[PDB]
Undergrad: 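Supplied in structure tokens, the structure appears directly below.
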Amino acid sequence: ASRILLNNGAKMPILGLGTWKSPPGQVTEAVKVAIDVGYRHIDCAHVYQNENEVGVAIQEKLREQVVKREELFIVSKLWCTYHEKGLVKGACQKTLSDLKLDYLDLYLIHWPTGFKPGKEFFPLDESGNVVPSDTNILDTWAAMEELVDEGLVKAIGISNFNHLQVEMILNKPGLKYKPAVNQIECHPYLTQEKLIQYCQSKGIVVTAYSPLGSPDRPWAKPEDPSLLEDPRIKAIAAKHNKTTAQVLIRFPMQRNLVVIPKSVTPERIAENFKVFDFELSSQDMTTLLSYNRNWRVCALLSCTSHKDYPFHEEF
Ligand SMILES: NC(=O)c1ccc[n+]([C@@H]2O[C@H](COP(=O)([O-])OP(=O)(O)OC[C@H]3O[C@@H](n4cnc5c(N)ncnc54)[C@H](OP(=O)(O)O)[C@@H]3O)[C@@H](O)[C@H]2O)c1
Ligand SMILES: O=C(O)Cc1nn(Cc2nc3cc(C(F)(F)F)ccc3s2)c(=O)c2ccccc12
């Protein structure tokens, strides 16, 4: 099955195209190719600095009548410098304008941490610590609920929230809409059993990011583990006559997760979509689960003293 039912009553394609690090001169053609070969979900963010160009592709394929808007599922995220209640509508409308859309299917709080508002995405003090904003997750959430009530977004969610932060929203005084999705890092080196079961127990759909371990992350180091080159995963791929990436994409799919691998390579964009015609065994699943090492691609040191930093917590 190609889509999962969200708690807002809408259906979300379980495979999406990621766009973090997709160069602006290549992401328009990447998104056009993806839509041509089947993708119907694009994961976006203002902080990726490429929403305009993603938007050009979406709008051309709509104008070409390759797809109807209702068949697309477009996701973006509120960046950390816009957590203030007074900045949230603007930030969403900048994304909508850039994407050439009149609504988003899902809008996420990108990170639980608010940063000082300004031009800078990562405002730092002279010692390199991120500068927080005094905003809290619950007031930001109410601001997200208003976007639903204005028709600018069909669903709201969170990203990089730990289980205590998820629980804080769920127990928020006067909560009007539950989060639909929690988008978190997840792959065989960061399997997240604990956080995923909590979220699913609550009817919150989990989207797995960096499912290939983000080989193009700009801070990669030689000693870091490498999913795509792990002989153990390679062997599972060979047994199935599939690529390693294809195993790494199908793995979250069978955990009832949405997965959003990124590429700007047309061959890989296509390859990455060809994951609905095979199955990993239970044993494969448990074997891949066993590779966990609590290894994170995304956990920037300069943010670790923020009050709301999500990754000190066990969950
Ligand atoms: N919510 C958040 O905080 C958050 C954080 C991180 C990521 N995300 C989202 O999740 C998406 C996916 O994560 P990611 O970008 O970190 O990394 P990823 O999808 O794990 O890996 C992307 C890398 O894999 C390469 N690649 C793609 N398909 C391949 C294939 N079939 N074979 C071999 N290599 C392949 C890509 O190369 P080419 O592009 O050169 O083909 C790129 O270098 C992001 O782009 C973003 O949309 C969200
Ligand atoms: O953001 C993306 O989608 C990809 C992403 N990840 N990271 C690593 C990060 N680690 C964080 C940790 C916190 C924290 F909440 F933990 F404080 C807050 C914010 C961040 S950004 C980046 O530094 C980044 C920079 C530009 C564009 C995208 C990203």
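Each residue takes its place number in the sequence, starting with 1. Atoms considered below: every heavy atom in the structure, side chains included; atoms not considered: hydrogens, waters and symmetry mates. Counting starts at 1 for both ligands and their atoms, in listed order.
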Undergrad: Quick check: which of zopolrestat, bortezomib, minalrestat, bimatoprost is at ligand 2?
TA: zopolrestat
Undergrad: Report, using the naming of UniProt, the chain with the greatest number of heavy-atom pairs under 4.5 Å to zopolrestat.
TA: Aldo-keto reductase family 1 member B1
Undergrad: Which residues that bind substrate according to UniProt in chain A have at least one heavy atom within 4.0 Å of zopolrestat?
TA: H110
Undergrad: Just wondering, does anything else, ligand or ion, come under 4.0 Å from zopolrestat?
TA: ligand 1 (NADP nicotinamide-adenine-dinucleotide phosphate)
Undergrad: For atom 26 (C) of zopolrestat, tell me which residue out of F121, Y48, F115, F122 has the closest non-hydrogen atom.
TA: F122
Undergrad: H110 to zopolrestat: N or O pair under 3.5 Å?
TA: yes
Undergrad: Does zopolrestat have any atom sitting under 4.0 Å from a heavy atom of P310?
TA: yes
Undergrad: Could you check which UniProt NADP(+)-binding residues of chain A come within less than 4.0 Å of zopolrestat, heavy atoms only?
TA: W219
Undergrad: Hey, which of the UniProt active-site residues in chain A is closest to zopolrestat? Heavy-atom distance to 1 Å would be great too.
TA: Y48, 3 Å
Undergrad: Are any of the N or O atoms of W111 closer than 3.5 Å to those of zopolrestat?
TA: yes
Undergrad: Could you help me out with the residues around zopolrestat? Anything with a heavy atom closer than 4.0 Å counts.
TA: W20, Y48, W79, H110, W111, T113, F115, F122, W219, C298, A299, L300, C303, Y309, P310
Undergrad: Where does zopolrestat get N/O contacts under 3.5 Å from the protein, atom by atom?
TA:
unit_1, atom_1, unit_2, atom_2, d
zopolrestat, 1 (O), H110, NE2, 3.1
zopolrestat, 1 (O), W111, NE1, 3.0
zopolrestat, 3 (O), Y48, OH, 2.7
zopolrestat, 3 (O), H110, NE2, 2.7
zopolrestat, 10 (N), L300, N, 3.2

